[PDB]
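Notes on a structure featuring linagliptin.
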Number of protein chains: 2
Amino acid sequence: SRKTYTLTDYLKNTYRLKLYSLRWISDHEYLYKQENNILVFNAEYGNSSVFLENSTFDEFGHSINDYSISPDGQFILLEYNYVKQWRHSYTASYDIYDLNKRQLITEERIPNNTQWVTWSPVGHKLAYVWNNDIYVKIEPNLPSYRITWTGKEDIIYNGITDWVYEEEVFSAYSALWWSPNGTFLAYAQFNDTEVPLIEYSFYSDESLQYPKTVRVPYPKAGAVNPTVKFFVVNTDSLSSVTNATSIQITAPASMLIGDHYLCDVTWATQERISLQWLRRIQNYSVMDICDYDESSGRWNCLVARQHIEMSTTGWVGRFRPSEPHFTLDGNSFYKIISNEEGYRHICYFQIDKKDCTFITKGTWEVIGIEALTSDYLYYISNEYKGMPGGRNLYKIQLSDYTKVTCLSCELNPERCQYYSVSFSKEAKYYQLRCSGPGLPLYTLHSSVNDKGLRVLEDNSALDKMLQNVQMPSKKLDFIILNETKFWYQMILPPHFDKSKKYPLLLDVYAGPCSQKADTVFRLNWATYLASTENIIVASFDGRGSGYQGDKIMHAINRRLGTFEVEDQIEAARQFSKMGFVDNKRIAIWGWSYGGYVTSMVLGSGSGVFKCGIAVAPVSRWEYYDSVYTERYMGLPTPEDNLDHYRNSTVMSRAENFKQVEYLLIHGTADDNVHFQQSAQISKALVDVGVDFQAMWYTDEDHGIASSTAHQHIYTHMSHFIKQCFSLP
Amino acid sequence: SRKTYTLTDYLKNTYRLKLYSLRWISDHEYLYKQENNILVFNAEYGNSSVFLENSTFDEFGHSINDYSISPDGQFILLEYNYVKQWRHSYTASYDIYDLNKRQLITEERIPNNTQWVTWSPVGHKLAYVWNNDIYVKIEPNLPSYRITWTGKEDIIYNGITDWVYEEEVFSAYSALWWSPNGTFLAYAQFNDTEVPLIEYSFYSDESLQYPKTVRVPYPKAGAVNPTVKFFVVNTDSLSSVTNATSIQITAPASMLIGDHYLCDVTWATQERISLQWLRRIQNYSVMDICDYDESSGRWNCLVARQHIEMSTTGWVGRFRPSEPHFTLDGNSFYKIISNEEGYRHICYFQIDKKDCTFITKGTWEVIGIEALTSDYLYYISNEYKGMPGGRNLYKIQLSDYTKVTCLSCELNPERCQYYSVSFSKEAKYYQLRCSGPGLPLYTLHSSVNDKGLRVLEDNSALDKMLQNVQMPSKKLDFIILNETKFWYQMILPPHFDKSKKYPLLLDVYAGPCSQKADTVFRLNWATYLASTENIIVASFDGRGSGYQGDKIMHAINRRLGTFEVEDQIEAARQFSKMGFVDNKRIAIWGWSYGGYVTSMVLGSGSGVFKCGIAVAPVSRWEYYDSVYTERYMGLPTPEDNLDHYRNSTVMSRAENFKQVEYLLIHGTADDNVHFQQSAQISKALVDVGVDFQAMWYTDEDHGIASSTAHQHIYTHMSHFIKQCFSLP
Ligand SMILES: CC#CCn1c(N2CCC[C@@H](N)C2)nc2c1c(=O)n(Cc1nc(C)c3ccccc3n1)c(=O)n2C
Ligand SMILES: CC#CCn1c(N2CCC[C@@H](N)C2)nc2c1c(=O)n(Cc1nc(C)c3ccccc3n1)c(=O)n2C
Ligand SMILES: CC(=O)N[C@@H]1[C@@H](O)[C@H](O)[C@@H](CO)O[C@@H]1O
Ligand SMILES: CC(=O)N[C@@H]1[C@@H](O)[C@H](O)[C@@H](CO)O[C@@H]1O
Ligand SMILES: CC(=O)N[C@@H]1[C@@H](O)[C@H](O)[C@@H](CO)O[C@@H]1O
Ligand SMILES: CC(=O)N[C@@H]1[C@@H](O)[C@H](O)[C@@H](CO)O[C@@H]1O
Ligand SMILES: CC(=O)N[C@@H]1[C@@H](O)[C@H](O)[C@@H](CO)O[C@@H]1O
Ligand SMILES: CC(=O)N[C@@H]1[C@@H](O)[C@H](O)[C@@H](CO)O[C@H]1O
Ligand SMILES: CC(=O)N[C@@H]1[C@@H](O)[C@H](O)[C@@H](CO)O[C@H]1O
Ligand SMILES: CC(=O)N[C@@H]1[C@@H](O)[C@H](O)[C@@H](CO)O[C@H]1O
């Protein structure tokens, strides 16, 4: 008498997973948004006060997109007129509000089309980027000072990132870094002057007679890369009519000898900045420590003080070198590094000393350092029960490394196995977030004795609702390949009778350091295909996948479209042997990297698959960007790796496609994985006479996330899979 | 016969239609190529000697694309390195082979990347366009003379046409007109400085890292149009010292008050040129007869002797004011004109007297004037048996307008009802071309007494092959809606059964002055569909169609997307009725304007069609070019016809597509009907939640004519129709 999780349920969000997003405002309080009524919470006791009622601003004029309360609590930034650009960048209008005197500042307003704004870490200063130039406000109503004058669209970028850096380096549009004092303002400067431009047509509304051409500086594999510079401005010494003075911090000599990237920026203390540069050949990286010398007023980055981090098996770090976590005094820090056994662990570094010291060890990996105090270091790893797809919060007694405590392992063994944490400043408190295998559960904790303070959100409203639906179950196990464990998850149709034959959809990503087999709970497309269409949706992490050691993650070094492709097929094969999967009805599909892999598999000729769907997939590595691509493929030169670049295109496998049913999808406005890529694929198929299904999405980009487009693609895809499996 | 007409037959061109292309070189001889040999034939006796052997350019080095023998047969232009551009335009290299010797004039060679070349009507003079500038060579081995210096890519076009003129006006890349004498050289100049550019991505070869953006000056409905000037130069007076002086011939003052175009250029005599201008509001045109003043070296067009063409019911001409045929002395001429009752007949004009004299009348139309001797005017009409879809050659005795003879009606009644003709210069002979309903037949005739000299090609071979195959038959009938008769055709399956029920596909064009129903014989996709899949393929010429009077053709005036659409739906209702049509399986498909009509049809919610295929369809008239669009819709402004531009989009009907299975196809490199038009359609469907099938073709243009692309699309469409009609 129960219904099934239908496509519409997923498409129309019938079952809402609740969340609990707070922002620590101090060591003991946090802000939380409830019914548009911003509240302030006391962590210790749980009581609160409304900080700003929805009521306020009902006569503002425009819709408010986001809020940002200054560290002071005296002002609050009002963001509206939000126009999205890339994955993290966007532009918007801003207004400030004096809380001391319920008023909107009308004088010296932040300009329109501002690219980025940030309060200082303490107080109420402001720094913004308008027209690629950095401006600073000491007071909200006072006129701002101009820090840089070189800014110029699509060429010079100050305080903000260009395309690659936003996407592949900082996962952010910002390139501004305030000191903990608020005294200094460090910023990067990008220069795309010689960076080729990818161009594509944006059609826009019907009303538009002539389509428009978007031109973005985008460096494809091997092209000229943007260059970078770094500066630091003293915010307290800014006069009315006196251009501000930025002191540039050069990169190490080992980086300047060639192309290089700025990878990280971290303030150690009030007068010490940490910088990490990486070579274009992401083999070698160097952390730089620069101190402020009150004398000249310059910044020295002592050469002896440097720290090298290279790799012989592959690239450095998971996607970039790891971030350092300094001890309060700043003379030491902690950083996650690949050890001699190839596993990632916490290393302790002391500034004026050479080599570091590992604090953790084992056949598992530390995902990330979350908090640091004088007595403990808090991190998350997948040690518990040897599950790489599990996540847990641990404690390390700094005076005895052998004393490690798991803080989330036994809170809810049956329900919780994947955790992410959020510590208050100075780590007196911490919020745990469990996202599976059961419904998400948010809890507040005391740090002094690890006491559970209270449940913040347990999704019981969703639980009630779901007890009426026939939900699919998840199996997390592994298979063996040349004496190695490789995990896979299976989303099984409710009432899974392993004495029957079920069709199987292989959901793939399989990109460098990926992980599709894990313990998190999801309400997605696969949930539907399993609940209603009774299809088994499996995902496999083979060579290349991450969080299992460098031997597995680097197996694909300098050879994408190789072992990870083969392993997807081998997993699929062994799934067949299993007495519950119709080996005549096995499909595969993937988005982006998952789409390239899906194409590679369909064009392998294994005969293992009946059909496959590839969404906005890479087809030839020369078409993707320099940073991501080169990190694994090196350069596309004859001296370097040109042969394998040319040996791993989807096009070269066109002929084998005649053995399968292929559906190709792509948004015409994809700025990330250019339409060009799918364009070249279809042409390869047309040139060898192979028939296939196609579908473009006018003006959608990599995410094809516009409500209408989103429901459309998943509807289309469902039909394709239903027909490919002869399912009603 | 057992064997049927397969798709592979159509795509691989298994049963070829022989032909007989000849080029008349004089009053009684013509060239023809056998294999790779150019033979010259004598029309009177039929004897032929070899003019040039396939063994003359083996050691040439380049693959010869075409040849061009000069008037006095002394030289032969060799065309190679042919690189296509738009529909009629292209670039190529050339070499002149002197026949009076055994050499390739290697001195003053015609520059590479030449855009257009042409001999004079007499002798061996040579004019050519290069870099948008005109050059003239009196002798093939001599240094050419530059005629214009204003040439500027995409801006100033001298001697060649811009995109709109090439496609919608002169249907050719050339804008050069030699005078009979060979003395003068009139040319046109286009100024595209203020024309907007349509831009689209061209991905090219797999090796091209960044896609290339193509920009073509192209005016859409209501956009700024290219301007034009006319010139005439005396090529007898050309000194390599001083520059060649061009004389300009302004347009009629009644043309300069607003935008206008040049429509036709025809020389009457040695010193007389005929220029027809058209107002940007295509229902008013003025022909200009200009005479060369030998004393002032000028050209004067007495404003007194201008002729006016006007349309109250629509626009002028079928697609433009028809072409004049001057009597040898230049004092008069015949021109096809819509008479009082609205049918197009031959009119006789005497240069300095008002009005013209209709020398034909009837409820049928003159399709074209082909020749004009001192005693007879030859032309082709569809008078015979009141069949608009039939064509025949007629002769009118100039000294007694009532005496008209039919030169092809009775040649072979049951096999030939659609002729086209080619007269030898002076017209002593004429080659008649029979296109159907039977296999093509080519014959040579003498006009002295219209004696049939001989058969040139009768397709005996193709004929004997088809008897062995089970071919479909064609029915050319008509239905009556109100009180008017509208014709249609039907390609019926082999062994047709009036008691059996076959599915039906509606092949559609339906544009203004189109004719899909006729007596022509064709071997196409429709043949495959009826022969092998037993699908009835019917076409229908409803309102708007041509060759039947302005009552039917102008019905559509300023109202595209209405009657022509209704009439197609209607036709299908009637065919449904006919007891041999399964009203459960009726499909519709069209390309270009047919793509458009097919979409409107599918979006009307009529409930008649189950599925349909649209290829490179127009979606909204504001996206197509000005000259063709404005010709039927006027300007898209509020004071003009903007209301109907906005009420005739494929988009506004989106919702209705939920009731039909739709397949949308388009070449991404389409310069004619910009990919944009389909991109907006898909977005509308997606925005409204309608699932359809899609398919783009990277780098293909309006014709999707590359060998591989062409095969891929007709296969793709075949699977679609086969699956839409539950066909085994
Ligand atoms: C090309 C390429 C690529 C590589 N890639 C990256 N990075 C590392 C960080 C920076 C980025 N530049 C490159 N992140 C990824 C992927 C990826 O393929 N998929 C599969 C996937 N799966 C699904 C279901 C997706 C759905 C929508 C959009 C993308 C999707 N992608 C991912 O999920 N994530 C999170
Ligand atoms: C947009 C538009 C348009 C209108 N149009 C024109 N003209 C008039 C003269 C000037 C020109 N600019 C516009 N000629 C046409 C069409 C047309 O739609 N189809 C259907 C069709 N059908 C098939 C099967 C086709 C196949 C390939 C290419 C085109 C095709 N077209 C035609 O066959 N012909 C010959
Ligand atoms: C967020 C909040 O309301 N905190 C209040 C605090 O201001 C007050 O001093 C205390 C005693 O009543 O109760 C809570 O802790
Ligand atoms: C600081 C500033 O630029 N203010 C103007 C505002 O006065 C105007 O109403 C708006 C138009 O949307 O453009 C800006 O926001
Ligand atoms: C602000 C800045 O440093 N601009 C430089 C520019 O002067 C130089 O000519 C160019 C050459 O690549 O590189 C950068 O764009
Ligand atoms: C050769 C020629 O006619 N050039 C004209 C130029 O004189 C004029 O200023 C412009 C205005 O659109 O159009 C063209 O560029
Ligand atoms: C012989 C002579 O005067 N030649 C000139 C040429 O140099 C100049 O570039 C052109 C444009 O004004 O006009 C003439 O063709
Ligand atoms: C528009 C809006 O947010 N309204 C909410 C209302 O639903 C809620 O019941 C109330 C309780 O404080 O708070 C208001 O802000
Ligand atoms: C085209 C051709 O070859 N015509 C020749 C002609 O030159 C010659 O005068 C005649 C008499 O022998 O024989 C014909 O065959
Ligand atoms: C008349 C002339 O310029 N001919 C040259 C030809 O010799 C050369 O082979 C070709 C490209 O290699 O370019 C042509 O323009």
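Chain A is the first sequence line, chain B the second, and so forth, proteins listed ahead of strands; every chain is numbered from 1. Method of determination (from the header): X-ray crystallography, 2.6 Å. Each ligand, and each atom within it, is numbered from 1 in the order the structure gives. Keep in mind that the numbers below use all heavy atoms, side chains included, and drop hydrogens, waters and symmetry copies.
- All instances of linagliptin together account for ligands 1 and 2.
- Per the PDB entry, the macromolecule making the most contacts with linagliptin (ligand 1) here is Dipeptidyl peptidase 4.
- Other chains whose heavy atoms approach linagliptin (ligand 1) within less than 4.0 Å: A.
- At 4.0 Å, heavy atom to atom, the residues around linagliptin (ligand 1) are A:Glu167, A:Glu168, A:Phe319, A:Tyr509, A:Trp591, A:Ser592, A:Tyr593, A:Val618, A:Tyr624, A:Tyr628, A:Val673, A:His702.
- For linagliptin (ligand 1), no other ligands or ions have an atom under 4.0 Å away.
- If you check which protein heavy atom lies closest to atom 4 (C) of linagliptin (ligand 1), you get A:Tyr628 OH, 3.4 Å.
- On a heavy-atom basis, rounded to 1 Å, the UniProt active-site residue of chain A that sits closest to linagliptin (ligand 1) is A:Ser592, 3 Å.
- The nearest heavy-atom contact from the protein to atom 8 (C) of linagliptin (ligand 1) is A:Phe319 CE2, 3.7 Å.
- Closest protein heavy atom to atom 21 (C) of linagliptin (ligand 1): A:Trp591 O, 3.7 Å.
- Looking at atom 35 (C) of linagliptin (ligand 1), its nearest protein heavy atom turns out to be A:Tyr509 CE1, 4.4 Å.
- Contact atoms of linagliptin (ligand 1) toward A:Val673: 1 (C) (distance under 4.0 Å to a heavy atom of the residue).
- Shown in contact with A:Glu168 at under 4.0 Å from a heavy atom are these atoms of linagliptin (ligand 1), numbered in order with element: 10 (C), 11 (C), 12 (N), 13 (C).
- At least one N or O atom of A:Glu167 sits closer than 3.5 Å to an N or O atom of linagliptin (ligand 1).
- For atom 27 (C) of linagliptin (ligand 1), the nearest protein heavy atom is under 4.0 Å away.
- Residue contact check: A:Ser592 has heavy atoms under 4.0 Å from atoms 1 (C), 2 (C), 3 (C), 18 (O), 31 (N) of linagliptin (ligand 1).
- The source field of the entry for chain A reads Homo sapiens.
- Residue A:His702 has no N or O atom closer than 3.5 Å to an N or O atom of linagliptin (ligand 1).
- Covalent bonding of linagliptin (ligand 1) in this entry: none to a chain.
- Close approach of linagliptin (ligand 1) to A:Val618 is summarised as follows: ligand atoms under 4.0 Å from at least one heavy atom of the residue are 1 (C).
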